[PDB]
Each structure stands twice: as structure tokens, then as C-alpha cells.
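Here is the structure we will look at.
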Amino acid sequence: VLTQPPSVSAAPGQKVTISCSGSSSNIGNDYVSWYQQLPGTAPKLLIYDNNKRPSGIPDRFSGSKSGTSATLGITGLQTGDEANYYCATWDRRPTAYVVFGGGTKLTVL
Amino acid sequence: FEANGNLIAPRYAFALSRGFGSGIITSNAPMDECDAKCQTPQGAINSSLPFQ
Amino acid sequence: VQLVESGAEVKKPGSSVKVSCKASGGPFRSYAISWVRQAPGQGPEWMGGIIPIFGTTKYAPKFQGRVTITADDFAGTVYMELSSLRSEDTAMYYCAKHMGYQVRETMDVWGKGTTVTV
Ligand SMILES: *[C@@H]1O[C@H](CO)[C@@H](O)[C@H](O)[C@H]1NC(C)=O
């Protein structure tokens, strides 16, 4: 499984980094993707290929991965950037499957 | 109508309402309780293939 | 591309439920399709997916044995059947699409979702 901090909070206009520490089987040998989920809506893809952004995603979202741990960074926080964030990867050893992270609540002040 | 003999008078009439996708077919198949989108004189078809 | 699920269902424990997902465009797709579920107050869980042309189906060890995924290509529909329902199966289900023909961790298009209550 992928472990993330349960909750991180910061003031508007600041910079927030959300982590996630798996193992050598899930993150250490595969890519990581980052999804955002607003209340009442389906999850929305934010980052894929560990640094790439889909069309329509603002530049203030970024991602990286060092060794076993991946990080998602958000700058220029607004009131509308408060939602759930999930890290997902493609675990593959006994029987491969998609594994999502525990989730992290981003609260703004 | 005017007559002085030999008339078989009307008694009932019909007020018609039109629509598309109907017809008269001749068949020997029995009637069942199913639901389909295509009907043939031999049986119903439940398929999305382009040919039959 | 738009994915539309079926209606909501109310089932009894021990029964089975089948749901369908319809995708806009040409009947034949060049991308894989996966099924995800989420319980209230919890996170998403991946159930299984299906691959075009080859027709291979993959499932999760938690859901292996009870779930079956099939596809009908000339109508562009994907069906998922779940059996041996319990009280913990109450959740909202989504059908999601991948960019390629392989089942991976990146899904770019999701559906509205449908609720299954037991
Ligand atoms: C045709 O398919 C529809 C779709 O579910 C079904 O309701 C109907 O019973 C089927 N009819 C026959 C004759 O198989």
C-alpha cells in the first residue's frame, strides 16, 4: 500500500507538498499518478508519468519522485483547491493490480 | 346515401390515426412474452451486427 | 468521450447485481476499461479491467472469484456482474478509461457513477 499524511493545511497563496512512501515493489519500480477528488464528483487526474500534466491542468501543480517517495506540489493556493488527493501506482509481483493511496485532506485557511 | 332498394347500410366506422414503422406480416410462430427490437416472420432478433 | 452507467439498484444480501457502462463514439475502442468503487467515508478501490481486441480480463485479489467483467463490442457496452452481496458492498461504482490498450495506474476519463445499496 501507499502511505500519505492524513491531513495538511496552509494559508492561501502558499506552497504545499504532499508525500507518500510505498515500497520497492509499488513505487520503486513503477510510475506514480496523482488524482484530485472534490465532494460529489468523480476523481480528476492531475499528474501522470510522474511529472506530466494533462491538457487543462494549471502550471501550479507539479510532481516528482525520488527513490521510494513521491511528492505533489501545489502553489498559489485558492479557496477552490480544498479536496482529497490520492496517489496511485501499478503494483506488480504476485498478481499485478492498481493500488491507490490512503488519501490526504487539504484544508485551506 | 340515397337508395330505393338493395342497400346494405353502414353501421360502424373508424377514425384512423397514422404512424411509422408498422405493417402486416404472415407467420405461423407462436406468441410469447419477450421484448425485442426486430421482428421477422420466423422469429425475433436480438443483435447489433450489420448483416443478417 | 463520455461514459454513462446504468441506474441505481437496491439488492438483498446473497443476491447478485449486473451493471453496464456505455461509451460514446465508434462501437470499437482502442483503450482498456476499468471498474472502480468507493464506499462512503473511504477511498477508491480498483476491481478489475478489460482489454480491447485481445479480450484479456484482469481482477483484484480481494475481488477475485466474485466479479465477472464482459464486453459487447458491436453495441459498445461493458458489463460487470457481482455476486454474494454483503452489507459492505454498499458503494458508488465508476467505469473509467485508460489512454492505452493496457490496464495501468493512469485513468483520464471517469463516469458519473451509480450507487449499489444492500
Ligand atoms: C433482448 O434483449 C433485451 C435487452 O436486455 C432483453 O430485455 C430481452 O428480453 C431480449 N429478448 C430476447 C427475445 O432475447
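To find a chain's letter, count down the sequence lines: the first is A, the second B. Quick note: numbers on chain A are straight from the PDB entry, i.e. 3-111, in order. Residue numbering for chain B follows the PDB entry; the residues present correspond to positions 258-309, in that order. Note that chain C carries the PDB entry numbering, so the residues on display, from first to last, are 2-119. Contacts are counted only within the shown part of the entry, which is not the complete deposit.
- As PDB records put it, the drug at chains A and C is CR6261.
- Under the naming in the PDB entry, the designation for chain A is CR6261 Fab light chain.
- For chain C, the PDB entry gives the name CR6261 Fab heavy chain.
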